[PDB]
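Structural view - veliparib in its complex with Poly [ADP-ribose] polymerase 1.
Count residues from 1 along the sequence. Counting starts at 1 for both ligands and their atoms, in listed order. Computed from heavy atoms alone, side chains included, the values below leave out hydrogens, waters and symmetry copies. So how was this one determined? The header says X-ray crystallography, 1.6 Å.
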Amino acid sequence: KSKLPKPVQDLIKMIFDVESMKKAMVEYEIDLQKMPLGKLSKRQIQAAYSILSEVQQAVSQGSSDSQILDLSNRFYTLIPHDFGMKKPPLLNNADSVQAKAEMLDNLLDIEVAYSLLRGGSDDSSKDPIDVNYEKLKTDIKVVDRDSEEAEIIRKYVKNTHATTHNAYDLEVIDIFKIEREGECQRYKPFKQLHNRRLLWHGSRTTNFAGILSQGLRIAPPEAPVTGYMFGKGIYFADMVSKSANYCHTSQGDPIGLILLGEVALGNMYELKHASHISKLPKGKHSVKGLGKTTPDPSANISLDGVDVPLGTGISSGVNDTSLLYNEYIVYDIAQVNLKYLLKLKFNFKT
Ligand SMILES: C[C@]1(c2nc3cccc(C(N)=O)c3[nH]2)CCCN1
């Protein structure tokens, strides 16, 4: 039997749950009879991204519905969808491309989780929780609820829940301090960079085995750059609720996971509207999508020499922006050092 703390054991059980992976796939309209969890491969997902890029080229070139039909059909051939003997809906716009790009990002992490579960050794004398913990190559510790780091984290959660995201409230269940093997070494060129911030990253529970084993990643070269507001980078928020929305929790699944990462932002390229970029302008280290609301800058605190924007939301003074809240994007995976993982209970008021 495992000697790991019970919250860590529960975390391991949640992220390696095969039934949750199947549920995420069903939620995406994937046909599990034609494409089961065991049949998903990087190769297949990459080919589907490539086809999605062919679809975005046709939609931006102003091709007709009759013209896009074969391209749309091609995507469904690669990623079978649950439509029986009926015709699938046509993928003929930016919204459908974005929705499918997001789905493939999820399938990529699910494939990683399933590969870990299948690519190791079998020893019934060992607790499978300990076995699965070892596959993450991540030191996971429970943060003491009475510690200063827990107090700062709780304040960050308490103060940055947006009024527009009030259909639920958040209860912090557990706070974990995480250390991905080799990440400290990888982050070394950015460890003293100016404008290092502690930011939120929300994701579906089914993506966490991938995130902990591989770190936060950028969509592959095959992925459509127009499938993401600021292109192919790693996205963070300074508002807990903005990132919590990306956990995709519900009344039937109200427990989610959120990350706190130290992000080396450096010289920020400030944008108010979509810019589908792959690379940054010279001398820029990140993109800051300017929100109408920002955490109060006077309330900014330092945790282990990193800025924590835990102030309550105030007007940024930014006019005519597509964003209600800030978002930060890095285009080099080495600019992220994951620090904490929170298990949240979503209390839906609706
Ligand atoms: C829509 C998209 C995304 N935009 C975000 C902005 C702020 C935070 C997050 C997050 N996950 O915490 C975001 N995720 C684009 C790339 C992945 N999904």
- What are the neighbouring residues of veliparib within 4.0 Å, counting only heavy atoms? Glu102, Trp200, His201, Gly202, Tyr228, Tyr235, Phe236, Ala237, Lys242, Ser243, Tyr246, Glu327
- Flag: protein heavy atom within less than 4.0 Å of atom 18 (N) of veliparib: no
- Identify the closest protein heavy atom to atom 7 (C) of veliparib: which residue and atom is it, and at what distance? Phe236 O, 3.5 Å
- Residue and atom name of the nearest protein heavy atom (relative to atom 3 (C) of veliparib), distance in Å to one decimal: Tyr246 CZ, 3.8 Å
- Relative to the heavy atoms of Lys242, which atoms of veliparib are at a distance of less than 4.0 Å? 6 (C), 7 (C)
- Could you find the nearest protein heavy atom to atom 6 (C) of veliparib and give me its residue, atom name and distance? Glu327 OE1, 3.5 Å
- Message: With heavy-atom distances below 4.0 Å as the criterion, list the atoms of veliparib near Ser243.
- Response: 8 (C), 10 (C), 12 (O)
- Task: Please list every residue in chain A that UniProt marks as binding NAD(+) and that has a heavy atom under 4.0 Å from veliparib.
- Result: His201, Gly202, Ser243
- Query: Looking only at protein heavy atoms, which one is nearest to atom 11 (N) of veliparib, and how far off is it?
  - Reply: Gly202 O, 2.9 Å
- Give the residue and atom name of whichever protein heavy atom lies nearest to atom 4 (N) of veliparib, and the separation in Å to one decimal. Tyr235 CD2, 3.4 Å
- Write down the UniProt domain of chain A that holds the majority of residues in contact with veliparib. PARP catalytic
- What are the identity and heavy-atom distance (to 1 Å) of the UniProt active-site residue in chain A nearest to veliparib? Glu327, 4 Å
